[PDB]
Each structure stands twice: as C-alpha cells, then as structure tokens.
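A short write-up of the structure that comes next.
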Amino acid sequence: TXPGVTXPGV
DNA sequence: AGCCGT
DNA sequence: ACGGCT
Ligand SMILES: COc1cccc2c1C(=O)c1c(O)c3c(c(O)c1C2=O)C[C@@](O)(C(=O)CO)C[C@@H]3O[C@H]1C[C@H](N)[C@H](O)[C@H](C)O1
Ligand SMILES: [Cl-]
Ligand SMILES: [Mn+2]
Ligand SMILES: [Mn+2]
Ligand SMILES: [Mn+2]
C-alpha cells in the first residue's frame, strides 16, 4: 500500500 | 508492513 | 505470468 501501509496497485 | 489487475 | 516504495 501507499507507500507506505504502491496503491494498491502501483 | 502493506494487496491489487494488467 | 507476474511488480510497486516509504
Ligand atoms: C507471482 O506473482 C503474483 C502471484 C499472485 C498474485 C499476483 C502476482 C503478481 O505478480 C501481480 C502483479 O505482478 C501485478 C498485479 C497483481 O495483482 C499481481 C497479483 O495479484 C497488479 C498490477 O497489475 C496492476 O496494478 C495493474 O495496474 C501490476 C502487477 O502486474 C505486473 C505484471 C503485469 N504483466 C504488467 O506488466 C503490470 C504493469 O505489472
Ligand atoms: Cl515495471
Ligand atoms: Mn514483505
Ligand atoms: Mn487478481
Ligand atoms: Mn511478487
């Protein structure tokens, strides 16, 4: 996720 | 640590 | 079949 906590996605 | 869609 | 950052 994020970043942080990419995306998702990307 | 933290999920999704080319 | 298989990748994206702080
Ligand atoms: C052992 O790999 C996996 C095993 C189980 C599920 C997964 C994957 C997986 O590798 C995977 C991905 O690599 C990707 C995604 C994904 O959901 C998974 C799994 O679910 C989603 C993503 O497609 C998008 O966000 C499109 O916008 C990008 C990424 O795709 C990669 C490869 C694609 N061919 C394309 O080049 C895309 C741009 O990046
Ligand atoms: Cl790439
Ligand atoms: Mn990990
Ligand atoms: Mn899927
Ligand atoms: Mn992977």
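Reminder, nothing fancy here: chain letters follow the sequence lines and each chain counts from 1. The analysis underlying the following values was restricted to heavy atoms, covering all of them including side chains, and did not include hydrogens, waters or symmetry mates. Non-standard residues appear as parent or X here, and we don't count contacts from their extra atoms. Ligands are counted one by one from 1 in listed order, and the atoms in each one are counted from 1 as well. If you're wondering, the header gives X-ray crystallography, 1.5 Å.
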Practice problem: Report the drug at chain A; options are triptorelin, taltirelin, actinomycin D, taspoglutide. | Solution: actinomycin D
Self-check item: Drug ID at ligand 1: doxorubicin, fostamatinib, itacitinib, siponimod
Solution: doxorubicin
Quiz item: Within the structure, which other chains come under 4.5 Å from actinomycin D at some heavy atom?
Solution: B, C
